[PDB]
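Here, ulipristal acetate is shown bound to Progesterone receptor.
Going down the sequence lines, the chains are called A, B, C, and so on. Per the PDB entry, chain A residues shown: 682-899, 909-931, in order. All chain B residue numbers match the PDB entry; in order, they span 2349-2359. Heavy-atom basis, side chains included; hydrogens, waters and symmetry copies ignored. Both ligands and their constituent atoms are indexed starting at 1 by order of listing.
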Amino acid sequence: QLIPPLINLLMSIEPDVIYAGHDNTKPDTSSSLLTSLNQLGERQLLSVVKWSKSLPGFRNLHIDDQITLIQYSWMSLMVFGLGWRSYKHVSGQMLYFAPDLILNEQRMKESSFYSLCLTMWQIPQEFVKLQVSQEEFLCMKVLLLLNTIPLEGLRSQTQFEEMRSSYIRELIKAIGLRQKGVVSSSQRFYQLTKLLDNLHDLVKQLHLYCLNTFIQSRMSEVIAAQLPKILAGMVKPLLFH
Amino acid sequence: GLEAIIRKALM
Ligand SMILES: CC(=O)O[C@]1(C(C)=O)CC[C@H]2[C@@H]3CCC4=CC(=O)CCC4=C3[C@@H](c3ccc(N(C)C)cc3)C[C@@]21C
């Protein structure tokens, strides 16, 4: 019938359209395309922060926990959002970074980062195969913000665990909206959470690309800074399987 | 300088 209140609340705090400030009425160069993406990334970061403060439970956490979670989640959140837009607007056939920045297959190949494109393109394809709902996407997204904590843990550890548990229950409610039956629901939950778990690996790849693209545009200080985001055993991932 | 930006944005 109706949509659960929390999920409806999630829909209403979804960030509105963010343009890249890209001119499509003129051919792109390797310089302008990368410049457009960085500008979009900066704008999307401020949006992630603004979105997190409207998230029930997030403000209860110590300011230091809030910072940490965003540091360990911005990449995942950005590529997951890209996955959703590409899925909804163009059936996952191309990368919908923004309304004024859509990369089709032929353009991805001509670029100097087709490999990265194929990696990111994995998500929209998965959304198509699973036929993910908006309600499911919204709950999964919050779970990404709460999927990695430091080895020592957080200051508001108990408050965090409770928040994580609430959104897990919400995802189950989202699934229940269409999956009627305990066997089908259980099977759906496994598929969606398996997808969430796989993002831990995929995101390390994106961080490496970012680190390698930096090196190419320009020493041990730079390496050491990003290492914790590409290497295993540095942080504590929260896996469902 | 992301940590700084994230912190200022949160406040
Ligand atoms: C081709 C390439 O190498 O891109 C990257 C690079 C230049 O190394 C590698 C992965 C990229 C990354 C993937 C996810 C993403 C999704 C979007 O809907 C807009 C920006 C966006 C970016 C870009 C982005 C993201 C965030 C930020 N900031 C400032 C937080 C800046 C740029 C540029 C990144 C990092």
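- To find every copy of ulipristal acetate, look at ligand 1.
- At a heavy-atom cut-off of 4.0 Å, other chains contacting ulipristal acetate (ligand 1): A.
- Here the protein heavy atom with the shortest distance to atom 8 (O) of ulipristal acetate (ligand 1) is A:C891 CA, 2.9 Å.
- The closest protein non-hydrogen atom to atom 24 (C) of ulipristal acetate (ligand 1) is A:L718 O, 3.8 Å.
- Using a 4.0 Å heavy-atom cut-off, the UniProt progesterone-binding residues of chain A near ulipristal acetate (ligand 1) come down to A:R766.
- The presence of a protein heavy atom under 4.0 Å from atom 26 (C) of ulipristal acetate (ligand 1) is confirmed.
- Residue contacts with ulipristal acetate (ligand 1) include A:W755, since one or more of its heavy atoms lies under 4.0 Å from the ligand.
- Of all UniProt domains in chain A, the one holding most residues touching ulipristal acetate (ligand 1) is NR LBD.
- Residue contacts with ulipristal acetate (ligand 1) leave out A:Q720, since none of its heavy atoms falls under 4.0 Å from the ligand.
- Backbone and side-chain nitrogen or oxygen atoms of A:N719 are examined, and none is located within less than 3.5 angstrom of a nitrogen or oxygen of ulipristal acetate (ligand 1).
- Atom 2 (C) of ulipristal acetate (ligand 1) has its closest protein heavy atom at A:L797 CD2, 3.7 Å.
- Note that atom 29 (C) of ulipristal acetate (ligand 1) has protein non-hydrogen atoms nearby, at separations under 4.0 angstrom.
- The organism that the entry gives for chain A is Homo sapiens.
- The contact set between ulipristal acetate (ligand 1) and A:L715, taken as ligand atoms under 4.0 Å from a residue heavy atom, comprises 1 (C).
- Shown in contact with A:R766 at under 4.0 Å from a heavy atom are these atoms of ulipristal acetate (ligand 1), numbered in order with element: 18 (O).
- Here is the list of ulipristal acetate (ligand 1) atoms found below 4.0 Å of a heavy atom in A:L721: 19 (C).
- Ranked by closest heavy atom to atom 12 (C) of ulipristal acetate (ligand 1), the top entry among A:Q725, A:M759, A:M756, A:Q886 is A:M756.
- Inside a 4.0 Å radius of atom 32 (C) of ulipristal acetate (ligand 1) there is at least one protein heavy atom.
- Lab note: no covalent bond from ulipristal acetate (ligand 1) to a chain.
- The protein heavy-atom contact nearest to atom 3 (O) of ulipristal acetate (ligand 1) is A:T894 OG1, 3.1 Å.
- When hydrogens are left out, the protein atom nearest atom 13 (C) of ulipristal acetate (ligand 1) is A:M801 SD, 3.8 Å; that is the closest non-hydrogen contact.
- Defined by non-hydrogen atoms within 4.0 Å, the binding site of ulipristal acetate (ligand 1) is A:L715, A:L718, A:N719, A:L721, A:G722, A:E723, A:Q725, A:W755, A:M759, A:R766, A:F778, A:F794, A:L797, A:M801, A:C891, A:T894.
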Nitrogen or oxygen contacts under 3.5 Å, ulipristal acetate (ligand 1) side and protein side:
residue, atom, partner, partner atom, Å
ulipristal acetate (ligand 1), 3 (O), A:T894, OG1, 3.1
ulipristal acetate (ligand 1), 18 (O), A:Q725, OE1, 3.1
ulipristal acetate (ligand 1), 18 (O), A:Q725, NE2, 3.1
ulipristal acetate (ligand 1), 18 (O), A:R766, NH2, 3.0

